[PDB]
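Chain A corresponds to the first sequence line; subsequent lines are lettered B, C, and so forth. Throughout, chain A uses the PDB entry numbering, with the displayed residues spanning 1-306 in order. The PDB entry numbering applies to chain B: residues 1-306, in that order. FYI, side chains are in, hydrogens and waters are out, and symmetry mates aren't considered; it's all heavy atoms of this structure. Both counts, for ligands and for their atoms, begin at 1 and track the order of listing. Header entry for method reads X-ray crystallography, 2.4 Å.
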Number of protein chains: 2
Amino acid sequence: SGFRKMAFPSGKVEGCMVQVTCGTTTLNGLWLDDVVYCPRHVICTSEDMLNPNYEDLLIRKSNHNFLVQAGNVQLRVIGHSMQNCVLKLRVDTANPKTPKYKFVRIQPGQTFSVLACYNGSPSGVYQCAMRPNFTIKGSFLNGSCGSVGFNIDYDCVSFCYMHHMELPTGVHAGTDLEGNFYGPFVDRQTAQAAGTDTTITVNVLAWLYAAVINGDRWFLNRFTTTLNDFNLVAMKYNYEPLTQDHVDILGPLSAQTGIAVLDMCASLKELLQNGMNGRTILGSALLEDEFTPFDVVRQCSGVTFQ
Amino acid sequence: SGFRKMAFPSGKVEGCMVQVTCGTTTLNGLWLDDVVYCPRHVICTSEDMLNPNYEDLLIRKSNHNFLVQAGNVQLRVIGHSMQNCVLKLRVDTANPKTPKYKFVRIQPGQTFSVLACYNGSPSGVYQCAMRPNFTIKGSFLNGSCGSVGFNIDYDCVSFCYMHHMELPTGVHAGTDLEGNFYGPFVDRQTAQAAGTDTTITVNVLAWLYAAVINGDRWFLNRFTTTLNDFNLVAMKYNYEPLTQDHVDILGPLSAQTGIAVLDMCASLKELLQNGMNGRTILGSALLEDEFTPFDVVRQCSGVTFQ
Ligand SMILES: *C(=N)[C@H](C[C@@H]1CCNC1=O)NC(=O)[C@@H]1[C@@H]2[C@H](CN1C(=O)[C@@H](NC(=O)C(F)(F)F)C(C)(C)C)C2(C)C
Ligand SMILES: *C(=N)[C@H](C[C@@H]1CCNC1=O)NC(=O)[C@@H]1[C@@H]2[C@H](CN1C(=O)[C@@H](NC(=O)C(F)(F)F)C(C)(C)C)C2(C)C
């Protein structure tokens, strides 16, 4: 029993982290096969960040201007190209620790593990969720760019995030591994702010199922509700609408615990209207929305990875 | 910026996890050099758990009765011995991925990362703390025994925990890597319950410093207090006494933020007496006590590991 914010094992991703240095700027890079992926603002000075012309700055750079270090070994760069907001540095050595991997673009509300790195070395791992406003609540400092977010399916590492910058209130924004930003953000040091965030409703319900699986059941009421009636209440308290797709994904947890999704919705409706009255669910005094239905099943049934 | 429950990178520990099978019981084992460490109740049937005579059960077993699998490769066992509540299985092959490591016994209040494993394969990683009642609030299922807790100092992995069993209310107990249980618990399926837990005061103060570093400063009051006056208030609300040693460890965070430890104690005294009045600190509606002063410095300054 027990329920904790569990991150994926980071070993496969650790064997891919390298250090990329251009001029005096240093950040992290991802070494898969014979290509290194890193944020494109490695070619920027501190003054270049206010208004960078990345196409102009990359012109003036050659292969030998990129210092790539994998541990105590320098990787010779033999080619470079820019795909949206990431650089692709072709090196003469393929990474022998390259795992089976994919490049995926996740949806808002989906979770992944972040391996925070500095100078190409891992500092820690934590679980995050793509917020509906296309930010993440992470923990990044200077030089953390290049750290990646990933999911693991059996032996395959699905890379879905690369850190680029921090937004006001201490939230973070980045791109997929193709350089495309999550949200309407740009890699430029200018005034940018995230949109108003909302609560991931399908993740709250899955976290309530995890509580019932663990015997924390005080919040279960005796009622049911209609998907429409629940969504009207959810709209008031800044909760995302619960679609029929979300109901289908919650099927396994509903069948395991014997509680219909609409019955758990009626229980959530009361919590939104009355609060928790000084009680906790799974030790938390607030409703949690960074566990997907798959995170609950994977943790409560002990799914392992090759 | 940002502050999250960060776990250590698990890569070094993943290369040490093996699967140990004896009869029909299967659990996890730690493979360091040419020795496999696993909980001793692997030699137990389900009926042997109510009253096991481990010395008697191990007599009846030989080296070939232990099936050790590292991936798809079986490790030949050439010797075995029991040290308190763990088995030491000597194998004919040294683990080539053995990291620089130590066996340490941590104190209550100190933190570490747990790599939850099943059948020798990692399922996830999370950060925990040794509670003052010598339990941990983890997430373990059937077959999770053998999963280890560890700290990483540069390139050295300090193993400090091995999971053995779950206690009422869903808390967990285990041993150090020498087989010695944390707390007055025994590896027997009989009525056992943890003592009443308390809040790790030095970890709460360090987590308040992390909030001030991150700009969350509404709780800072204008007062100071004496170590004695604070400890009387802390004793009322089931908080551990703050020793002078704890004050010295909080030195770096106090010098970084310019807030004396006794001033932060006066701020904590008001929070304990008035509550938080519907406000959050670092997004949490409750005071957090599973971040050591070192976890705060390591996260807020980005300490990496080799
Ligand atoms: C990469 N190493 C850093 C990681 C940052 C540093 C502090 N916390 C993080 O996550 N990324 C940057 O420094 C990026 C980058 C220039 C500036 N930047 C920012 O994150 C800035 N934010 C913004 O400008 C805003 F608000 F628009 F998002 C900063 C003010 C330093 C937080 C470039 C090239 C955009
Ligand atoms: C190792 N694979 C399991 C992990 C357990 C299983 C459920 N959650 C966990 O952490 N360890 C055990 O099954 C141990 C073990 C026998 C029984 N046991 C227990 O954890 C039991 N707890 C107790 O008996 C109590 F309350 F005294 F701690 C159980 C009732 C199954 C939770 C042995 C040899 C002690």
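By its PDB name, the drug at ligand 1 is nirmatrelvir (bound form). Going by UniProt, the chain with the most contacts to nirmatrelvir (bound form, ligand 1) here is 3C-like proteinase nsp5. In this entry, the other chains with a heavy atom less than 4.0 Å from nirmatrelvir (bound form, ligand 1) are A. Polar contact check, A/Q192 against nirmatrelvir (bound form, ligand 1): no nitrogen or oxygen pair lies under 3.5 Å apart. Contact between A/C44 and nirmatrelvir (bound form, ligand 1) is absent, with no heavy atom of the residue lying under 4.0 Å from the ligand. When distances from atom 19 (C) of nirmatrelvir (bound form, ligand 1) to the protein are checked, a heavy atom turns up under 4.0 Å. Of the UniProt active-site residues in chain A, the closest to nirmatrelvir (bound form, ligand 1) by non-hydrogen distance (1 Å) is A/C145, 2 Å.
A covalent bond joins nirmatrelvir (bound form, ligand 1) to A/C145 SG. Taking distance alone, with nitrogen or oxygen atoms compared against 3.5 Å, A/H163 approaches nirmatrelvir (bound form, ligand 1) more closely than that limit.
Within chain A, the UniProt domain with the largest share of residues touching nirmatrelvir (bound form, ligand 1) is Peptidase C30. Put simply, atom 31 (C) of nirmatrelvir (bound form, ligand 1) has no protein non-hydrogen atoms near it, under 4.0 Å away. Of all atoms in nirmatrelvir (bound form, ligand 1), numbered sequentially from 1 with element shown, those under 4.0 Å from a heavy atom of A/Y54 are 34 (C). For A/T190, the closest heavy-atom approach to nirmatrelvir (bound form, ligand 1) falls below 4.0 Å.
The binding-site residues for nirmatrelvir (bound form, ligand 1) (non-hydrogen atoms, 4.0 Å) are A/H41, A/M49, A/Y54, A/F140, A/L141, A/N142, A/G143, A/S144, A/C145, A/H163, A/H164, A/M165, A/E166, A/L167, A/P168, A/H172, A/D187, A/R188, A/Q189, A/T190, A/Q192.
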